J.: 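Quick one: this structure, given as structure tokens, is what I'll be asking you about.
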Amino acid sequence: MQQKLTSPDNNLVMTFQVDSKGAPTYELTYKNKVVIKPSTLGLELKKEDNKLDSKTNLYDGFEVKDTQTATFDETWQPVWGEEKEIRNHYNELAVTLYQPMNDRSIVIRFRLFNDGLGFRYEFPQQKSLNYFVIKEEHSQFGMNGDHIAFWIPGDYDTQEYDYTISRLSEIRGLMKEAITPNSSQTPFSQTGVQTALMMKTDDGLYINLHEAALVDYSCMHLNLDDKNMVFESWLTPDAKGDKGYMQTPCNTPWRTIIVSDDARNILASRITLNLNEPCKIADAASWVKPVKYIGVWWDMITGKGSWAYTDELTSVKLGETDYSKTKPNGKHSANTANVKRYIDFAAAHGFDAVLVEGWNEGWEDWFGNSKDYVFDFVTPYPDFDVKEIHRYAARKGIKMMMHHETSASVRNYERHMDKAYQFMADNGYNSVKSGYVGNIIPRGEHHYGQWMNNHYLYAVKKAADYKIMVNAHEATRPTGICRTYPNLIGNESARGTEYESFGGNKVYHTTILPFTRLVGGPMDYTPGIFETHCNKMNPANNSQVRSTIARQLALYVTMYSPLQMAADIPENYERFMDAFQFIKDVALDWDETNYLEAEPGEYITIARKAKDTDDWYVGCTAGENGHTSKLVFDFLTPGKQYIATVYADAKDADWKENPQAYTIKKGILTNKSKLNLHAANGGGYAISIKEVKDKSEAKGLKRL
Amino acid sequence: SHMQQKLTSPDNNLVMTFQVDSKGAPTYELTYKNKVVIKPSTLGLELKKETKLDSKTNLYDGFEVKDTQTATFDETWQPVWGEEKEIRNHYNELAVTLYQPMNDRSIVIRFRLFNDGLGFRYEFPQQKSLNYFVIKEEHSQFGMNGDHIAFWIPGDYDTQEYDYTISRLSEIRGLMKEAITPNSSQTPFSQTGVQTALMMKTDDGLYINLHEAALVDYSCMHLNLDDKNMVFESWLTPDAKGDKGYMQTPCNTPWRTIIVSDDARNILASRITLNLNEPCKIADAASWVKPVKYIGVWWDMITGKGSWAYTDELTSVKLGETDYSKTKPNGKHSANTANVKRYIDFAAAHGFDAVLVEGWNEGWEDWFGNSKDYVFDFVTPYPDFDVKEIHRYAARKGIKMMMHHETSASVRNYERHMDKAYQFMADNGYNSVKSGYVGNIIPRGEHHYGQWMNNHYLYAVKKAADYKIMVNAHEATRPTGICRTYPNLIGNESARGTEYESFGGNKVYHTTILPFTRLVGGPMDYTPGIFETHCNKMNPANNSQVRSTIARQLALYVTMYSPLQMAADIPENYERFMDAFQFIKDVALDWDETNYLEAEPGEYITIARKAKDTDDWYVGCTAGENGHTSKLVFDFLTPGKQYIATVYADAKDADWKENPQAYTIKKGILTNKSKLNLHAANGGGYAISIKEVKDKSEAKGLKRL
Ligand SMILES: C[C@H]1O[C@H](O[C@H]2[C@H](O)[C@@H](O)[C@@H](O[C@H]3[C@H](O)[C@@H](O)[C@@H](O)O[C@@H]3CO)O[C@@H]2CO)[C@H](O)[C@@H](O)[C@@H]1N[C@H]1C=C(CO)[C@@H](O)[C@H](O)[C@H]1O
Ligand SMILES: C[C@H]1O[C@H](O[C@H]2[C@H](O)[C@@H](O)[C@@H](O[C@H]3[C@H](O)[C@@H](O)[C@@H](O)O[C@@H]3CO)O[C@@H]2CO)[C@H](O)[C@@H](O)[C@@H]1N[C@H]1C=C(CO)[C@@H](O)[C@H](O)[C@H]1O
Ligand SMILES: [Ca+2]
Ligand SMILES: [Ca+2]
């Protein structure tokens, strides 16, 4: 009767069966500890526009018709990632479920790894199941206790919320305050949360609930039954309230449960990526590449500068408004002379590209007007010389990063997309930062519905045809699709550094993101703010970045991404050029990654080996209690000497009272070295460890 | 303030009186020859709100006249194609600037009064307190002076493919249920809602038409009747969230029109709709836009004889995955090279310009009602359709192929494929395309006539113009004169066409109403020309019968104006009646002059037109269930000239139901002194070709008629 699937190491066991009413039921244990209590699986379908009642049932009345098992064990290499190779090793169980009352069958495929379980529903092409609409997916995740969760409010339009750390039973009472103001937001439940969801159990376990390969389907959130402690899939509705237009053969994305008694193993898990389809960009390795950049950006985010060219018009209309006849507001940062200054800085310090926002016509009306024809993505303002900027950047060996804020007007963006990408190709742009700020147009749709998920992928696939890399802000959070389309080098899709200018992010924010948001794909977090007091940029902005300078440096290692921005303005980096050296030195791609220390909400310490080098980089980020590390460099090569530079919080450093106090020490390290470092409140540290290649490097240096 | 204003038509017959009432509501009234046409009616709009009412939502009262400007316009222009060579645009104008103290904002209401009607629109100037706004409801009233007889179809956000109903305004409510027949995509909105291009006949001898003009960047207007006070009010089409228009100043609403006369023929002669549209924007239009007479592989599938699909063995298909080469032909796929060539041969042998082919591309297996997103790619042909060979062959025969772009209402999908689709047309010699939008709109939640889709339809036409492509769009929002601005929009169905004669039939009087309603604003691709009226001969399972005689079908080439005319039957049926087919072969598609000889909505329409750049005339008469007797006087012909006339008429015992294929053909001479008595049978009519004699040899052996 019951089906049992075991992980390769025998530590995890998944038991499957249908109850007495034919409802698919599964459960999972880890080291003999209950991780997932008996939980049901199934979906309810929309009644077909006027048997008709029984057809809506795709949740019970099932009989196990057939079962197939198999084992997979292959290694693959991502174009860019946290390590050179990833091993995909799992035991699989596929259950064919027949539903007599509707004469149709579905398949539930289970893949069990040593670090977690993944499952998905498969809908075979058959006589009685072709086109169908999903009313709701009912995938349950029954918890064995009132765990501690690290969560953000379930929302169909934004994920730019600070995390909350509380018991599952406390979520309901905390939801109201957890939902802060945002340009576009649609919370759905007093107990709804987003994925990836991170939890810590009283019996020493760490559990992460998420999904993988979100394609041709609506984004999954989780709704908590806080009486029975059961999380259940809650999909994003379209403009009519429906949750998915399907056509067999088709599959739902995978649902994942990553678990371990060691928090570091959650970060090390590659289940999400392993469950995605293999790379579909044949020549990816020839053009896809990591990018370290700076940009004309923080000016506008802080309010010092503006995206708009003029402030004298009540509104603008592309093709009618003649900007050449308008009065400059004197705050437009995207002007040729200023852009060249950034290009100079980028070239002088080894950066790959320079982002510039506010370069094109239309910014006057970019915010909250639900404007359809808001941008054309190709017409520059009078003070932005596309060709001259291109000429200069190219001569300096710098690439300009295109900016495509859509103001959430999606049909408008698609209509202009080919011309926009061609414009990029014709003017030397091979990477683009897109955005979707505001309520979606078509009006009625949400940012994470099936409709928009299709758009985001459409944009990435078309970009691949033009050999363009994409960094999409406000898009649906990643679920590992980067394996399939490596040109998607980034997404924000979470609360980033920009909010440190909008009131600030919680001190423990970066000690949570790697356990949640980063599972499924890198984030364009835009770290590197040295002048943490925003009033120095804009007197009217009293927001303060909750970090020390040393912790900002650490983020280049603790916030993984092949796309890394040094977000502050050149002048501020010039004020602390000694600390800036770490940002200049740090790599963007890795051959190896060692998670040294990890505890969600408290601290994260990671060491990574730069790809194709013998150099290592270390970073530690900590919460309000700071953190003391006892580092052991036994991961370094035996018999080798290393030049180590330690960027750490000075004594009494503090994110609030003394954020710019840091020390820099240079010495020698070997695999026998041990170091004690203390991360302050909202602080951390960064270490560059370069293999000695010449005696004339250790001169005057002593062992640390 | 500001004593009521008076606006008069050039001929003094119409008078529009405007005044803001005691509560600040803009009010207008209209009289024709001292008879009330429009009783005091208010104008204004309610806006969407951006513990108490927000005054900003109020754009209907609390106004005061701040300024007024009058002007007269009198200019003549020439359409690329039309019912006559030149159109005179002559009106007296009154523009009223209305200031709203409570919101510190102003709007303008512009009135244009012609000898045959009134047009008005709202204008929203760019200003400090009015920039971006959303319309909740437009409140344009049209107060009737009585319980008039109306020729209407159910107000609907998704379809206009309904038969007309003739009833008193007070009877609409009780007839609505039965007037709403089954359709693939329909959204009725009121028990007393009707579609615009509403025709009425009053007890005191007036004919009134209510409609709109220049429907651009705005939601389609329908009319909702208050049958207790007989007041019609603008009812716009909602978007997926229920809103009725996203506006940004400066902007204007489309024009609202009231066409009136005591002579029904003058309703047909009115050019107010076209005159209110913006002038042509296609500079080189004359060099590529041209009328098209065509036939097509079409009726086969409409009747069920053939299929659009290539195979019947699949539960569904997925473009790019389904390999049609490995599928079994269903043996009913009409869109195959050899068959298409037969049509091309026929088109060339009889002087047609183009051949339409439907079911040529992959995907038709799932085209109907699945709300399928990636339903077509508009470029990949089925295994049995050789695009290049057909192009070479058609070119060799002097024929052009008409592209078919059924979208199955999946709009984002069509837009994503549009440039490649139009480029494919250009690369393969297709200069015209018949598009379609069958099914509920995708994005799901939108309706066929909302602001969103109206934008799409125009987007498709404007892009087509860049490719020098002409468009004929089925299921799109009904026309409002935009063809003046974009002459490449040579057609729309957007009403119940001949296809329904195969779906149970159209009412016998249908074609005696369309010219008074649907045709106001633009031509219709009605696809006339069915000679074998019994569909069971095409498909035994189809017992539908076309409600027409053969002679009436010929008449439609003159009474259903269009620069795009199809001869819808299959070649074999035209072969059976080649003598009658001669009229379809001879009739012109564009005209220098049009004379409306007889006209009564629901009963009969008789029209005479002079072919452009010729001295030849064509006449047609279409009648309802009571038939019609005409006393034709050919004084519109040129004095002293001889004409070779061929009369195609119903036999004395003809009847659409019992004897539809009984006709007579007479050839003789006509002069401006000639007179003919003709009788159109029940559901019948007649057609006449009148060619000026160019060589005395042509009149040899012929006598005067
Ligand atoms: C540019 C940015 O705009 C939006 O951010 C808004 C926040 O969501 C609001 O909550 C609000 O923040 C205010 C605080 O609530 C308030 O307590 C005080 O601290 O002042 C804050 C600023 O007024 O206002 C924010 C600005 O409107 C939007 O939600 C966010 O996603 C946008 N960021 C993206 C857009 C662009 C432009 O193309 C890029 O520069 C960024 O990289 C994107 O991430
Ligand atoms: C092709 C055509 O399909 C749709 O027409 C459907 C009618 O709207 C329905 O009411 C229904 O008619 C049936 C009668 O109700 C029933 O009493 C009996 O008489 O049988 C009739 C036929 O079954 O079914 C019709 C067929 O599904 C749709 O509404 C209509 O707009 C469509 N016409 C356009 C589509 C194409 C294809 O690309 C072109 O061939 C035509 O030119 C278009 O006008
Ligand atoms: Ca953002
Ligand atoms: Ca149709």
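So you know, we letter chains A, B, ... as the sequences are listed, proteins then strands, and number each from 1. Counting starts at 1 for both ligands and their atoms, following the listed order. If you check the header, you will see the structure was determined by X-ray crystallography, 1.6 Å.
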J.: Which polymer chain has more close contacts with ligand 2 than any other, using its name in UniProt?
T.: Glucan 1,4-alpha-glucosidase SusB
J.: Would you happen to know which of dihydroergotamine, zandelisib, erythromycin, acarbose, milvexian is at ligand 2?
T.: acarbose
J.: For acarbose (ligand 2), which other chains fall inside a heavy-atom cut-off of 4.0 Å?
T.: B
J.: Please determine whether any non-hydrogen atom of B:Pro182 lies less than 4.0 Å from an atom of acarbose (ligand 2).
T.: yes
J.: Using distance alone, decide if acarbose (ligand 2) has a nitrogen or oxygen within less than 3.5 Å of any nitrogen or oxygen in B:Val438.
T.: no
J.: Going by distance only, is there an N or O of B:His404 that falls short of 3.5 Å from an N or O of acarbose (ligand 2)?
T.: yes
J.: Help me out: which residues of chain B, per UniProt Ca(2+)-binding annotation, have heavy atoms under 4.0 Å from acarbose (ligand 2)?
T.: B:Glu161, B:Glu475, B:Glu493, B:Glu499
J.: What else, ligand or ion, has an atom closer than 4.0 Å to acarbose (ligand 2)?
T.: ligand 4 (calcium ion)
J.: Relative to acarbose (ligand 2), is B:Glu475 under 4.0 angstrom through side chain, backbone, both or neither, heavy atoms considered?
T.: side chain
J.: Any N or O of B:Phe368 that comes nearer than 3.5 Å to an N or O of acarbose (ligand 2)?
T.: no
J.: What do you see: which UniProt substrate-binding residues in chain B have a non-hydrogen atom under 4.0 Å from acarbose (ligand 2), if any?
T.: B:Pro182, B:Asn183, B:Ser184, B:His404, B:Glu406, B:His474, B:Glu475
J.: If you measure every N/O of B:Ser502 against every N/O of acarbose (ligand 2), is any gap under 3.5 Å?
T.: no
J.: Which organism is cited as the source of chain B in this PDB entry?
T.: Bacteroides thetaiotaomicron
J.: With a cut-off of 4.0 Å on heavy-atom distances, which residues and nucleotides contact acarbose (ligand 2)?
T.: B:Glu161, B:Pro182, B:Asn183, B:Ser184, B:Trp298, B:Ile302, B:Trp308, B:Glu358, B:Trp364, B:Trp367, B:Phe368, B:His404, B:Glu406, B:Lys434, B:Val438, B:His474, B:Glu475, B:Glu493, B:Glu499, B:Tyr500, B:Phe503, B:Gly504
